[PDB]
Amino acid sequence: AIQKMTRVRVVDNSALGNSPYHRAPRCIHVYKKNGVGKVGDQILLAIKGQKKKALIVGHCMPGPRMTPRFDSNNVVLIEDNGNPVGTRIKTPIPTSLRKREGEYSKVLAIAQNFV
Amino acid sequence: XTXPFXX
Amino acid sequence: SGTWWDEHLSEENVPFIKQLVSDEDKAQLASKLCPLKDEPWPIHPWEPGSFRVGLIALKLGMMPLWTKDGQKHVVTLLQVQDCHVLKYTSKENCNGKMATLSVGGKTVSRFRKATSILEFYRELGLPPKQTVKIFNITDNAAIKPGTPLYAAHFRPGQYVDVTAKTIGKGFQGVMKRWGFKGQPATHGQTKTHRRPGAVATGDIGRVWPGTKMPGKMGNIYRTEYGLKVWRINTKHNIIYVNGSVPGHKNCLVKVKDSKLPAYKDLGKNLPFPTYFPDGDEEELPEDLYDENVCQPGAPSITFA
Amino acid sequence: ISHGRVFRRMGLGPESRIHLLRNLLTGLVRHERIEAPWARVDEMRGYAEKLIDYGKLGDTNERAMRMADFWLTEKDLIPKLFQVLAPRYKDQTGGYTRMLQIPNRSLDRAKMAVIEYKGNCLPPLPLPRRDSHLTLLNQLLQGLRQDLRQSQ
Amino acid sequence: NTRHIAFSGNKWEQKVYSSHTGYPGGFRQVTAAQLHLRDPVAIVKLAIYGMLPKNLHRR
Amino acid sequence: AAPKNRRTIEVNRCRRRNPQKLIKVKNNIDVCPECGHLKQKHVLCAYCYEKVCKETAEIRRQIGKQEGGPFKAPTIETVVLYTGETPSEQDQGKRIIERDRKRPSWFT
Amino acid sequence: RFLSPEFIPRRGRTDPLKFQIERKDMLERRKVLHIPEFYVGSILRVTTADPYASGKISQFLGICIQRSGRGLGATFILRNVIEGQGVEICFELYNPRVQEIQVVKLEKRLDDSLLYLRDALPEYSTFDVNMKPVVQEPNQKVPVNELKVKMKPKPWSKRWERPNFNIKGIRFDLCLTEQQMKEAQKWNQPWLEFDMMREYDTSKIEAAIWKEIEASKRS
RNA sequence: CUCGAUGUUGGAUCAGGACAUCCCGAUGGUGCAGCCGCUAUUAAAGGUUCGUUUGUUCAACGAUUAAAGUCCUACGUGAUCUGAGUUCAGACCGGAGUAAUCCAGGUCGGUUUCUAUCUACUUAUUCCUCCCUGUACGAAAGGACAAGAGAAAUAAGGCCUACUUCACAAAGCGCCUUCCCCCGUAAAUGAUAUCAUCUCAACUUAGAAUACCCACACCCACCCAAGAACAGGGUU
Ligand SMILES: CCN(CC)CCS(=O)(=O)[C@@H]1CCN2C(=O)c3coc(n3)CC(=O)C[C@H](O)/C=C(C)/C=C/CNC(=O)/C=C/[C@@H](C)[C@@H](C(C)C)OC(=O)[C@@H]12
Ligand SMILES: [Mg+2]
Ligand SMILES: [Mg+2]
Ligand SMILES: [Mg+2]
Ligand SMILES: [Mg+2]
Ligand SMILES: [Mg+2]
Ligand SMILES: [Mg+2]
Ligand SMILES: [Mg+2]
Ligand SMILES: [Mg+2]
Ligand SMILES: [Mg+2]
Ligand SMILES: [Mg+2]
Ligand SMILES: [Mg+2]
Ligand SMILES: [Mg+2]
Ligand SMILES: [Mg+2]
Ligand SMILES: [Mg+2]
Ligand SMILES: [Mg+2]
Ligand SMILES: [Mg+2]
Ligand SMILES: [Mg+2]
Ligand SMILES: [Mg+2]
Ligand SMILES: [Mg+2]
Ligand SMILES: [Mg+2]
Ligand SMILES: [Mg+2]
Ligand SMILES: [Mg+2]
Ligand SMILES: [Zn+2]
């Protein structure tokens, strides 16, 4: 799944996110004891010569059976303590993110679609 | 003669 | 010289022998089905600290199971074909910490055995058995030989421990055996890709006993502890056990009550001897589940 | 390591092994007898049984025709097959070929075996005939057998 | 009555019987007290095994 | 790699004489009632197999010279006939071949 | 008649008692759940009871790519591209948290497995959720849409052009060159299909399965 | 000692050991209110990250973690590996020198042998989330420790019902199980020394087992989820 040195596409609508740049977003760290990153796990992402925390929406590996798989990876920006940068995410996201809504309440609120 | 043995 | 039976008889006589021995052993089993009509030993109730003789079963395969919360648990099916007791021993006769019983497993040909064990099985009254495993037990749980052990010896909501022989891989490399990192592939590695590399130091001048290196792996009696039962089916004498267990399919496995500190005292609600279906006021259902298992035929779950 | 592998490695590849046993089968089908190393005929026995099973379908089945065309290289034995061997075993469902171990090869000292379609023309083999019913033990066996029949 | 034997001094605490199983970390020492509690015969057994000569007749 | 001491004759003798290196004496032989020679249990009598093979080879020579070349395999059963025998009503339609000898004790 | 691809067991050896038990269990469940007949390439709509969702119910429509596994663990894959992004689900058709299945459309593709739709154009898998069930006559043959599919450029994941897959929906006449197809036919292994000891005859066990299904149904 | 040859640095694999403890454990003191910290005693069971340039060990830097410990093992380990430095034969530059040639000056490149004879050998922890709790403590600010519940990572041992690499089976990226403490101190009564004094005074307290294996000439031959051979299980 998501780990160090993985080209990710930011999905939310943010200037910092969708600003074109000669290098694509790349995961350089995951905040877990192991290097893999599953849904609902904070990671660290390099954009435009700086680095910010992020939260990965969905990975293209097969996790649990009926949990969704995405043909392309996804991730959304977020501040240190859970303040999302993007305003909304028109793309679908897993329902397994609102399980931890106690921490990602605003990220779940700014979403539209769910699968 | 070559560093080695025996390059 | 040494020979076998099939050679010194005729083709018209071979099926006769086959059907005769089959009838004989099946009649023995039918006769020993009911121990209460025989002379049973004194029965005692459960006490704290006491134990129960386990049994041995035959692994068929694996299956999924769902809870009421919808979460999954994989489960092994252990079958019990005959599983009769073979003998009893006294504490001061076996010179051990605790008394011991012996339980048999799979019924097999009476021809491919030794004369001593054949005589033992005859004087006991039953056919031969594949494995004859030993169970430590207090004296209060003394069970008579010639008694069948059915799947009702265990119940759901129960924790259990299972012992069996592992898969035989033969002589394998240090990597697959112990899980060493090995050596890289490219960058000039000359004939050193899966090697163990170093073994010991230079001053030691020797290799320590118990050092890891290639050898036979598997085909040893390994045990798993703390498993849990989800379902019992009686007519087939099969039991569920969570997770997985050692051994290949159709292998004989030993099963016993779990010995863990948390899973040791719960022995009052269960039969302290085995389950005797005869003599009971009622006959149990075909299958029986744990209360937190969605039963097939029930409606699909719908939270709130 | 292998557990449950039914095939065995024979030549320098899968193509090579199926070609080898194809030649063995093409030589066996016409002589309805052939001696060869034990393992080769062991694995080819099933191939031959399946081959006559698909030849039972007849000359009309394009599938079976293509299969026989592949398996037989002489192209003169598949009509022989459909017209002789399938009619020969039209009644039987199994036990089409007998396989018997024989002494080793002269110089190589390899274990060999002869395989032979049942109901051939050429002379039979010296098969192992089971001991006679007139023997002492067989007679005692028949004695208690008739005793049990009389009882029941 | 090897169980009811007595040392001179604090030997039960000061004396140590040491042995190496053969494996790394298999070096283990036990005081005479522990060794008596686990096996009352082993103390006198080892004492005699030491007094005796080191030939094959010792066994 | 290289040795360091010449291995002694007594240790070499123990090695090459241990029972693992010795030959197995096998109690798996008996006489064939037909020929009277000795044979392994599961193996056929070499003498009988040899004579059968000789007969098969000679009748193969005969059928080959009869067919007269390759790619002449017929699509019918075939039957052998020895001197002093007539074809049967059963095998009239089957191919027949002639042979200059008499029916042995074992072949039908 | 028609049999499901999960009642039949796998080539592996084991006691048929296992198969019998899992079969009677899935049939005791079939008495409740309908699992409307379908194939690969059919469009299915599924409703499931999820503990966290609006109303705790989840709807999903998608094309069936494959049906895998045997026994109770048997699953089917669904795929759908929405908002330009392609999602896939692996549904267990015996889980109790699935509420019901529905066949919006029933079709069969030339390719038994349709995992190449990942590299195919998104418009082939672009199916809307609001489309209603195409009602099919109660007793008719299965419609087989004989078509071919265009694909993304070569930078693929699975290398579909090889002959081991034995697939035909793709259009490699356009998607690649004569030279590349001639180079791909290198791996052609005719002895696979010409061999006769590897296949698995099913008539016996499928007949037994028909028997047991009829028995448990009428019982 | 070794020049009738004891093969280097760093790195890879494997790690063994000491404790002068980096983390986790238990205690005393504090210029310790609490969370934070400093020091000292005991504790070596267990663990001790990934990358950027550099040959690099070190060092600097980025992100982390409970931690990113010191050292010995022929500066452990080249009959297991690599050869990037150092570096024979070639060459350029700066300098020395008439020149040949040289510079612990740099710079590009530059073959790493062995069929094993003998000894030896070859089956449980930790972080995090929730109540404790905005509690005690603390002017406020700040802010727990215990007990309990849950979910995870690591290490070990196993498994194929999902999934995946695959397909009569083997494997992981997938699934299941994993239970004991540690001794330094703080306390009672009380004598030498009649108070007192935790006791190298007698005394009272906080203080491993269990589990696994277990019988035997039928045994030519065949099969095997057993296996290099031998061996082992089955042949009803
Ligand atoms: C920077 C040095 N590098 C690059 C040039 C050379 C690597 S080296 O150290 O291994 C080489 C061989 C041994 N040397 C010692 O200084 C040494 C120290 O202790 C010893 N030798 C004793 C032994 O090692 C015992 C062994 O039996 C000796 C062997 C196998 C020697 C074989 C022949 N090697 C030579 O003649 C080497 C001559 C030159 C190359 C020198 C100088 C450059 C320093 O290098 C060494 O001898 C070097
Ligand atoms: Mg920059
Ligand atoms: Mg590797
Ligand atoms: Mg080389
Ligand atoms: Mg190589
Ligand atoms: Mg070969
Ligand atoms: Mg790929
Ligand atoms: Mg010398
Ligand atoms: Mg030397
Ligand atoms: Mg210390
Ligand atoms: Mg500390
Ligand atoms: Mg060194
Ligand atoms: Mg070093
Ligand atoms: Mg060395
Ligand atoms: Mg080195
Ligand atoms: Mg180099
Ligand atoms: Mg260099
Ligand atoms: Mg210099
Ligand atoms: Mg080398
Ligand atoms: Mg070697
Ligand atoms: Mg892993
Ligand atoms: Mg006093
Ligand atoms: Mg006092
Ligand atoms: Zn003979």
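Chain letters run A, B, ... following the sequence lines, proteins first, then strands; residues in each count from 1. Readers should note that the entry appears only in part, and the reported contacts come from within that part. Heads up, header says this was done by electron microscopy, 3.5 Å. As a convention, non-standard residues are reduced to their parent amino acid or to X, and atoms outside the parent are not considered in contacts. Both backbone and side-chain heavy atoms feed into the values below; hydrogens, waters and symmetry mates do not. Whatever order the structure lists ligands and atoms in, that order sets their numbers, starting from 1.
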What's the chief binding partner of chain B here? Just the name from the PDB entry is fine.
16S mitochondrial rRNA
Could you check which drug is at chain B for me?
quinupristin
Can you identify the drug or drug candidate present at ligand 1?
dalfopristin
Contact chains, quinupristin, heavy atoms < 4.5 Å
H
Source organism for RNA chain H according to the entry?
Homo sapiens
Chain B: entry name
Quinupristin
